[PDB]
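Here is a PDB entry that includes cobimetinib.
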Amino acid sequence: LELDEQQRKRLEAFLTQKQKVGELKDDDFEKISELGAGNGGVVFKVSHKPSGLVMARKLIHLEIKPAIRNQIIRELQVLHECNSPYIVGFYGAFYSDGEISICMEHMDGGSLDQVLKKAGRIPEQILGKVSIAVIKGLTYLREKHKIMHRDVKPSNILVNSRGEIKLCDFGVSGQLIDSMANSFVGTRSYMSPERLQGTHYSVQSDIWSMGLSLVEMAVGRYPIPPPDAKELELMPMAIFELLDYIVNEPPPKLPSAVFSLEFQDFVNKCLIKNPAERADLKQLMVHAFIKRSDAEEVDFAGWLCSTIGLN
Amino acid sequence: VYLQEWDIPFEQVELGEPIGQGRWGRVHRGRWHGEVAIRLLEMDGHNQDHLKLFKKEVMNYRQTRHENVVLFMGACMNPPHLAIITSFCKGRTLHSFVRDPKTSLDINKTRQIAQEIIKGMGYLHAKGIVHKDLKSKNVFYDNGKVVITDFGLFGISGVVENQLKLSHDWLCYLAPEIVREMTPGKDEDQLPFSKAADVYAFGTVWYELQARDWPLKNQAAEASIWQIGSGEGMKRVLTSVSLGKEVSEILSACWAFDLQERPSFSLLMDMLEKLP
Ligand SMILES: Nc1ncnc2c1ncn2[C@@H]1O[C@H](COP(=O)(O)OP(=O)(O)NP(=O)(O)O)[C@@H](O)[C@H]1O
Ligand SMILES: Nc1ncnc2c1ncn2[C@@H]1O[C@H](COP(=O)(O)OP(=O)(O)NP(=O)(O)O)[C@@H](O)[C@H]1O
Ligand SMILES: O=C(c1ccc(F)c(F)c1Nc1ccc(I)cc1F)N1CC(O)([C@@H]2CCCCN2)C1
Ligand SMILES: [Mg+2]
Ligand SMILES: [Mg+2]
C-alpha cells in the first residue's frame, strides 16, 4: 500500500465516477483525433456519450477463433481490480465487430516518447520522479496481482497536466500476449538479454527495460549502438544485429560528465546483463538516487505544460 | 494466362466456401468434376515486371507432376486480379496430424512420411523450383499418401507499415540466413530462400515428427529472431531433449548453422534409410 491520501482521494473520485458510466458499447463513443498507432492497434481520443467523459480508446483487430477471444476479454477484465495512482485509469473492455477495445484514462501529455521528441532531452531532476513512479507501479503490480509488465519503454509511459505518471499497456493477459503481441518486432528493442535468449525471465527483465528507457530519455537518442565520439559532444542497422549487440556487447551507460554518480549508478545497476545481479525492486526503492529525488521538490505539471503547451 | 493455355481441359470453374486467409490472397474451396483449391491474388505492383515474373513462374509450374507434390492445374491473370488453381487435398495437414492425441507416430511411420516429403522436395529441386515455404501446415496426409502444397508461391509480389508481424509457427521453419535479414521495410521477396533453407525447413518438420510440437515455445518474436539467427536456439534444442542418435543426426545435419554443410534431399533419402 503506502498510499498517500491526496492519491486515495483522486482514486475514489475516479472509481465512483466510474460506476456512473455503467456499461458501454461502440456507438456510445465519437472520435476526436489521431493519438497514434502501433504494434497492434490504433488509439484515438474519444468522447463517451452516456456519461459526459473524454476517454482514450484502444482498438486492436483480431480475427481468430471466438473461444480464445472471449477468454481474452475475461482475462482482460482483471484491469478492474488494478487501480493505483501509477497505473492508467481503466474503465471497460469489450468485443465489437471482432475488434477488442480498451477504454482508459485520457492522459493530457501523452507518452514520454512523445514528450521526449518535443523536449529533445529530459533533465535528470525530473527523470528522478519518473523513475520512482515506475518502480512503484512495478512493485504494485508484482505484489498485488503477481504479474510482470514485459514491455517497458517511453511510448508506454503516460503523463498529464495534473502532474501524475502512470503506466499503460502492461501484460495482464497471457492469451493476448501469446496470440498477438508476441508476433510484432519493431525497429528498436527494449528486451532484456535473458529474455532474448529465451530463458525464464522475471520482473528483472522490466528492470533492464526501464534502465534502457532512462538512458534514451536522458541523452535523447536510442542508446544502442552507443553514440560515436562526434555525436556525443553534439548531443542504418537491421534488427538482428541490434539484438546480437544487446546480447553480446557491453550495455549503455550515461556520460560521466553530465549526471551525478547516483544517477549513473542507478542506471548501471538496472542494466547489468545477469538478472541475478541486477537490482530487484526492493533494492532499487532504497537506492541513493531514489531517496534523493523522492525528497526533492520539482513541480512536474509546470515543466510538462511549458514543455508541450497545455494548461 | 487465360486458363485455356493449360493442358487441363477447362469448361468452367466455380468458387465454393473459403478455407483460410493469409499473406497471399484468400484460398477458397472450389469445384473444377473434382475438388480444387483456388487462391485469389491481386497485383498492386502493376509494373509489368511483377507480372512477367508471375507468368514465368506459372509456366514453370506447368512442367511439374509428381505424386508427392500437389498438382498445379491453372493460373489466370486479369490484372490486377489473379488466381492460382491446384488440386484440393482431402485429409489433414501434417501440422494438425502430429498434434492429435489419437495419432500413433513411431520410429517407422515417421521415417516413411519423411521419405515421402523428401521425394517430393527432390523432384521440385531437380526441376529447379525452390519451395520457399515448406512447413508442417503445407503438407497434407490422407491415409497413406503425403502431398506438399503452396510451393514456389513466395516469389510473387502482390498485396500483403514500418514494423513487422511474424507468426511463430513460420519462424520455427526459418533458417538463420533468413531471419538475420528480416527487418522492417524489407519485403518477403527480398529474403534469401534457397535449396539449403528448404532442407532446414525439413529439419523442423522432422523434429515435429519426433516431438509433436514446435522446437521453440511461443515467445516474443524478437527473442525467436535472435535465437534462430544466432544458431544458439538450435544448439540448445539439440541438447535439451533427445530422441535417438540416428534420428538426431539428421536433425543436426538439416539445422546446420552454415548452410553449405546442409545435406541435399537426395542424400537425406539415404540417411532416412539407415535407421530402425
Ligand atoms: N492512454 C493513452 N492516453 C494517451 N495517449 C496514449 C494512450 N495510450 C497510447 N497513447 C499514445 O497513442 C500512440 C499509439 O499507442 P500504442 O497503440 O500503445 O502504440 P505505442 O504506444 O506507440 N507503442 P506500443 O505500446 O508497443 O504499441 C502513442 O503515441 C501513445 O503515446
Ligand atoms: N491444395 C490445397 N488443398 C487443401 N487445402 C489447401 C490447399 N492449399 C491450401 N490449403 C489450405 O488453405 C488455407 C490457406 O493457406 P494459406 O493462405 O497459405 O495460410 P497459411 O499457410 O496458414 N499462412 P500463409 O502462408 O501466410 O497464408 C490453409 O488452411 C491451407 O492449409
Ligand atoms: O495493449 C497492450 C496489451 C498487451 C497485453 C495485455 F494483457 C493487455 F491488457 C494490453 N492492453 C492494455 C492493458 C492494460 C491497460 I491500463 C491498457 C491496455 F491497453 N499492449 C502491449 C503493448 O505495449 C505492445 C504490444 C506488443 C509489443 C510491445 N508492447 C501494447
Ligand atoms: Mg501504449
Ligand atoms: Mg501457405
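Here is the naming used below: chain letters follow the sequence lines, and residue numbers restart at 1 for every chain. Note that ligands are numbered from 1 as they come in the structure, with each ligand's atoms numbered from 1 the same way. For this deposited structure, the header notes the method as X-ray crystallography, 3.1 Å.
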Exercise. Please list the parts of the model that make up cobimetinib.
Key: ligand 3
Quiz item: Which chain makes more heavy-atom contacts with cobimetinib than any other chain, name per the PDB entry?
Solution: Dual specificity mitogen-activated protein kinase kinase 1
Quiz item: Which other chains are heavy-atom neighbours of cobimetinib at a cut-off of 4.0 Å?
Solution: A
Quiz item: In chain A, which UniProt active-site residue has the smallest heavy-atom distance to cobimetinib, and what is that distance rounded to 1 Å?
Solution: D151(A), 3 Å
Quiz prompt | chain A: source organism in the PDB | solution = Oryctolagus cuniculus
Quiz item: Which residues of chain A does UniProt mark as ATP-binding that also come under 4.0 Å from cobimetinib by heavy-atom distance?
Solution: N39(A), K58(A)
Self-check item: Main UniProt domain of chain A at the interface with cobimetinib
Solution: Protein kinase
Self-check item: Binding site of cobimetinib, heavy atoms under 4.0 Å
Solution: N39(A), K58(A), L79(A), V88(A), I102(A), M104(A), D151(A), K153(A), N156(A), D169(A), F170(A), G171(A), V172(A), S173(A), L176(A), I177(A), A181(A)
